[PDB]
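Bound state: protein (HIV-1 protease) + tipranavir.
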Number of protein chains: 2
Amino acid sequence: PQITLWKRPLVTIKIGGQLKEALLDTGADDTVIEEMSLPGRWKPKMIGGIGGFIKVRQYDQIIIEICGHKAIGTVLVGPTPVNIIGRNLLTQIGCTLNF
Amino acid sequence: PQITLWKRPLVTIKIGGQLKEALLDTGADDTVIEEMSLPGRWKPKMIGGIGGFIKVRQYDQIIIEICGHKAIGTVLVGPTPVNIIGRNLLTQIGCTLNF
Ligand SMILES: CCC[C@@]1(CCc2ccccc2)CC(O)=C([C@H](CC)c2cccc(NS(=O)(=O)c3ccc(C(F)(F)F)cn3)c2)C(=O)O1
């Protein structure tokens with residue numbers, strides 16, 4: 001679909017069989033999710049945002065449904081104020097910015 | 001134009017007579033620009049992001065040129081790692097998210 005930005009671009013995602021809400025963020029290189037249990041081993045990572053750096057756990061090859069679209073890639077888990085879907089998964093779903 | 005997300009969506013903007021690079025961020029409610037001089041009265045505010053909050057000065061009714069497009073609105077000035085154009089101004093230029 002086509003999404004305008006008068007409201008926050010929130011959508012529904014299915015991850016680990018759970019339904020959660022997430023923000024489509026073109027300014028984010030990566031995808032960051034709130035604390036939860038994902039399968040597999042993780043690797044450490046540190047990412048920067050508006051107010052400083054946070055430490056997260058990186059999981060590779062996680063399956064996620066975004067507005068019914070399937071994406072499979074890297075998900076970072078950490079202390080984020082909202083679930084963020086960033087560029088790494090937006091390109092998989094074919095998301096573009098138009099004006 | 002149509003912007004793909006394989007790379008960061010950075011664009012040239014004109015604010016206060018200076019030229020600058022900015023990131024188009026559909027996840028940001030507000031537009032936040034690196035410390036610079038703007039005319040007018042301002043009000044202090046705190047805005048939150050990944051990493052925590054930062055104190056910024058809020059200027060209203062500022063005119064910005066985004067990719068040759070004119071838009072008007074509130075601009076926050078502070079210690080941000082990157083210049084971010086948020087929804088407040090992306091709507092004014094007719095920017096949308098398509099998938
Ligand atoms: C992983 C996130 C990437 C990003 C920082 C970008 C970056 C780019 C390259 C180099 C360094 C850093 C981009 C992002 O959208 C924000 C956030 C929202 C999650 C952000 C950005 C701009 C301003 C805000 N303050 S706010 O009041 O406009 C606000 C508050 C809350 C939210 C919510 F929608 F996330 F709740 C949105 N906006 C937030 C941020 O803090 O980090």
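To find a chain, count down the sequence lines: A is the first, B the second, and so on, and within it residues start at 1. We count ligands from 1, going down the list as the structure has it; atoms in each ligand are counted the same way. Keep in mind that the numbers below use all heavy atoms, side chains included, and drop hydrogens, waters and symmetry copies.
- Within the structure, the other chains placing a heavy atom under 4.0 Å from tipranavir are, by letter, A, B.
- At least one N or O atom of A:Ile50 sits closer than 3.5 Å to an N or O atom of tipranavir.
- At a heavy-atom distance under 4.0 Å, only side-chain atoms of B:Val82, from C-beta outward, approach tipranavir.
- Tipranavir has no nitrogen or oxygen under 3.5 angstrom from a nitrogen or oxygen of B:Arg8.
- At a 4.0 Å heavy-atom cut-off, tipranavir touches A:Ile84 through the side chain alone.
- The deposit lists the origin of chain B as Human immunodeficiency virus 1.
- Tipranavir has at least one atom lying under 4.0 Å from a heavy atom of B:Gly48.
- For atom 1 (C) of tipranavir, the closest non-hydrogen atom of the protein is A:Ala28 CB, 3.9 Å.
- For a threshold of 3.5 Å applied to N or O pairs, the pair formed by A:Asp30 and tipranavir contains no separation below that value.
- Using a 4.0 Å heavy-atom cut-off, the binding site of tipranavir is formed by A:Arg8, A:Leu23, A:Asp25, A:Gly27, A:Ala28, A:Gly49, A:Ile50, A:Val82, A:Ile84, B:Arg8, B:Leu23, B:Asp25, B:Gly27, B:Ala28, B:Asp29, B:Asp30, B:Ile47, B:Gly48, B:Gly49, B:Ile50, B:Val82.
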Is there any protein N/O under 3.5 Å from an N/O of tipranavir, and what does the full list of such pairs look like?
residue: tipranavir; atom: 15 (O); partner: A:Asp25; partner atom: OD1; Å: 3.4
residue: tipranavir; atom: 15 (O); partner: A:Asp25; partner atom: OD2; Å: 2.4
residue: tipranavir; atom: 15 (O); partner: B:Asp25; partner atom: OD1; Å: 3.2
residue: tipranavir; atom: 15 (O); partner: B:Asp25; partner atom: OD2; Å: 2.7
residue: tipranavir; atom: 25 (N); partner: B:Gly48; partner atom: O; Å: 2.9
residue: tipranavir; atom: 27 (O); partner: B:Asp30; partner atom: OD2; Å: 3.2
residue: tipranavir; atom: 28 (O); partner: B:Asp29; partner atom: N; Å: 3.4
residue: tipranavir; atom: 28 (O); partner: B:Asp30; partner atom: N; Å: 3.3
residue: tipranavir; atom: 28 (O); partner: B:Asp30; partner atom: OD2; Å: 3.0
residue: tipranavir; atom: 38 (N); partner: B:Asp29; partner atom: N; Å: 3.4
residue: tipranavir; atom: 41 (O); partner: A:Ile50; partner atom: N; Å: 3.0
residue: tipranavir; atom: 41 (O); partner: B:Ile50; partner atom: N; Å: 3.0

